[PDB]
Number of protein chains: 2
Amino acid sequence: XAXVXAXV
Amino acid sequence: XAXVXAXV
DNA sequence: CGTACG
DNA sequence: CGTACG
Ligand SMILES: *C(=O)c1cnc2ccccc2n1
Ligand SMILES: *C(=O)c1cnc2ccccc2n1
Ligand SMILES: *C(=O)c1cnc2ccccc2n1
Ligand SMILES: *C(=O)c1cnc2ccccc2n1
Ligand SMILES: [Mg+2]
Ligand SMILES: [Mg+2]
């Protein structure tokens with residue numbers, strides 16, 4: 001759920 | 001994440 | 001690095 | 001009730 005590189 | 005009634 | 005429902 | 005990444 002975080003999007004630091006993927007945002008899912 | 002489960003969709004038993006919303007599916008999110 | 002943790003968000004997302006009826 | 002539990003899922004979703006590079
Ligand atoms: C977001 O909160 C989140 C949490 N755990 C994960 C595991 C696998 C891929 C994506 C994820 N996203
Ligand atoms: C994004 O592409 C990405 C990849 N690996 C990580 C590891 C831990 C924290 C955040 C990350 N973000
Ligand atoms: C799915 O796995 C999941 C987990 N917890 C939640 C909390 C709030 C809304 C949606 C949710 N979805
Ligand atoms: C779906 O609409 C819905 C509503 N509340 C719940 C509570 C517990 C398990 C599954 C649920 N599904
Ligand atoms: Mg985890
Ligand atoms: Mg929970």
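The sequence lines fix the lettering, A, B, ..., with proteins before strands; numbering per chain opens at 1. Non-standard residues take their parent's letter or X, and their extra atoms are not counted toward contacts. We read in the header that X-ray crystallography, 1.4 Å was used to get this structure. Side-chain atoms are counted along with the backbone in the values below, which use heavy atoms only and exclude waters and symmetry mates.
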A.B. asks: Which pharmaceutical agent is found at chain B, per the PDB annotation?
C.D. replies: echinomycin
A.B. asks: Help me out: which other chains have any heavy atom nearer than 4.5 Å to echinomycin (chain B)?
C.D. replies: C, D
A.B. asks: Quote the name the entry uses for chain B.
C.D. replies: echinomycin
